[PDB]
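Notes on a structure featuring ponatinib.
Heads up, chain A uses the PDB entry numbers, so what you see runs 465-485, 490-501, 504-579, 594-642, 651-765. In each ligand, atom 1 is the first atom listed, and ligand 1 is the first ligand listed. Reckoned from all heavy atoms, side chains included, excluding hydrogens, waters and symmetry mates.
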Amino acid sequence: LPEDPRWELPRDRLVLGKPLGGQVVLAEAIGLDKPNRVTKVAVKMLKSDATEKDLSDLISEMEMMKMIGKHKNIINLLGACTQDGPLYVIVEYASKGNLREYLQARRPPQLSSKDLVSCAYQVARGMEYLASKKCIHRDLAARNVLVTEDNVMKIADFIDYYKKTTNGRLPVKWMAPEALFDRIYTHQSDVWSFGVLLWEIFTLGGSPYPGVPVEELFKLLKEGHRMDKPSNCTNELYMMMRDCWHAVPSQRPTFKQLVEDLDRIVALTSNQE
Ligand SMILES: Cc1ccc(C(=O)Nc2ccc(CN3CCN(C)CC3)c(C(F)(F)F)c2)cc1C#Cc1cnc2cccnn12
């Protein structure tokens, strides 16, 4: 592994902490920039039984993050430890966890309608930036959105159709029909995923199609079935979800259009309830 001086951080500057979920740990970086300050960071490293391909996957992930560049609404690369020891990929720390967890914790036994629209605007803004960088996410969902201490949404990324997430959810439930059935991945298939993410925001971390297995989901998709309008969701925001879920990919709005519409909606959405 060659030392990249734009990103390299000496090992003696990284104080490894508690695991966050290869494997991700919380850590403290001494002098990432003054040199006398600690910055809380998240570090990705390989698990004890990692393969040669697991290592090559972490390298390529790091190399891609280097090319994407900085944005307020994406989890940004901060550094790396590549010399004389295991590969550490260092990113910004998001203290309020993933957006699914963030939302569920703030359900009534708090977030206004304007905060929820702002959440959707921020994710759309991060997606617009990734698209401008010629990137396709493939796994956009609230679990892949991180929330910082200051409530900033940051897009992140942590195949068998039957494999479930830790929470017991099926990732096929976020996939556009053409991505699922024809293996065609585009910004248009990501916009379909963003529609499922809007539904997740407005149900405050609700699970899409609960109890629906893969074979039954395929049937719902073939029939042109669409998820119901969440409670406390405007007609305009439900039409946005439905447009994101257009059967014809060219007819779906783009992230650029979604940012413009969400920007306008945020400004007209009240923070009084
Ligand atoms: C350590 C770490 C390493 C890497 C990444 C990461 O997100 N990598 C990433 C890889 C690829 C892509 C884009 N591609 C998608 C695939 N696609 C096919 C090509 C384009 C992106 C993206 F943001 F751009 F989307 C990100 C996140 C973390 C974290 C963390 C962290 C911070 N706070 C907390 C709090 C709790 C838990 N974790 N945590």
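- The contact residues of ponatinib (ligand 1), taking heavy atoms under 4.0 Å, are given as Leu484, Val492, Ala512, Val513, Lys514, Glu531, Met534, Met535, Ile538, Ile545, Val561, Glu562, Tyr563, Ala564, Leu614, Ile620, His621, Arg622, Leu630, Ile639, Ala640, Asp641, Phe642.
- The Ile545 neighbourhood of ponatinib (ligand 1) comprises atoms 6 (C), 7 (O), 27 (C), with distances under 4.0 Å to a heavy atom of that residue.
- Atoms of ponatinib (ligand 1) lying under 4.0 Å from any heavy atom of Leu614, numbered from 1 in the order shown and given with element: 24 (F), 25 (F).
- Remark: ponatinib (ligand 1) and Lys514 share no N or O pair separated by less than 3.5 Å (distance only, no angle test).
- If you check which protein heavy atom lies closest to atom 11 (C) of ponatinib (ligand 1), you get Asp641 CB, 4.2 Å.
- For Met535, no nitrogen or oxygen atom sits less than 3.5 Å from a nitrogen or oxygen atom of ponatinib (ligand 1), counting backbone and side chain alike.
- The model tethers ponatinib (ligand 1) to no chain through a covalent bond.
- Heavy-atom proximity to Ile620, at under 4.0 Å, picks out these atoms of ponatinib (ligand 1): 17 (N), 18 (C), 19 (C), 20 (C).
- The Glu562 neighbourhood of ponatinib (ligand 1) comprises atoms 32 (C), 33 (N), with distances under 4.0 Å to a heavy atom of that residue.
- For ponatinib (ligand 1), the atoms closer than 4.0 angstrom to any heavy atom of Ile639 are 23 (F), 25 (F).
- Atoms of ponatinib (ligand 1) lying under 4.0 Å from at least one heavy atom of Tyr563, given by number and element, are 32 (C), 33 (N).
- Ranking the protein heavy atoms by distance from atom 2 (C) of ponatinib (ligand 1) puts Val561 CG2, 3.6 Å first.
- Nearest non-hydrogen protein atom to atom 39 (N) of ponatinib (ligand 1) is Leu630 CD1, 3.8 Å.
- Taking every non-hydrogen atom of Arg622 and a distance limit under 4.0 Å, the qualifying atoms of ponatinib (ligand 1) come out as 18 (C).
- Near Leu484, with a cut-off below 4.0 Å to any heavy atom, the atoms of ponatinib (ligand 1) are 36 (C), 37 (C).
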Give a table of atom pairs where an N or O of ponatinib (ligand 1) lies under 3.5 Å from a protein N or O.
unit_1               : atom_1 : unit_2 : atom_2 : d
ponatinib (ligand 1) : 7 (O)  : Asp641 : N      : 2.9
ponatinib (ligand 1) : 8 (N)  : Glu531 : OE2    : 2.8
ponatinib (ligand 1) : 17 (N) : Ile620 : O      : 3.0
ponatinib (ligand 1) : 17 (N) : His621 : O      : 3.2
ponatinib (ligand 1) : 33 (N) : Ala564 : N      : 2.9

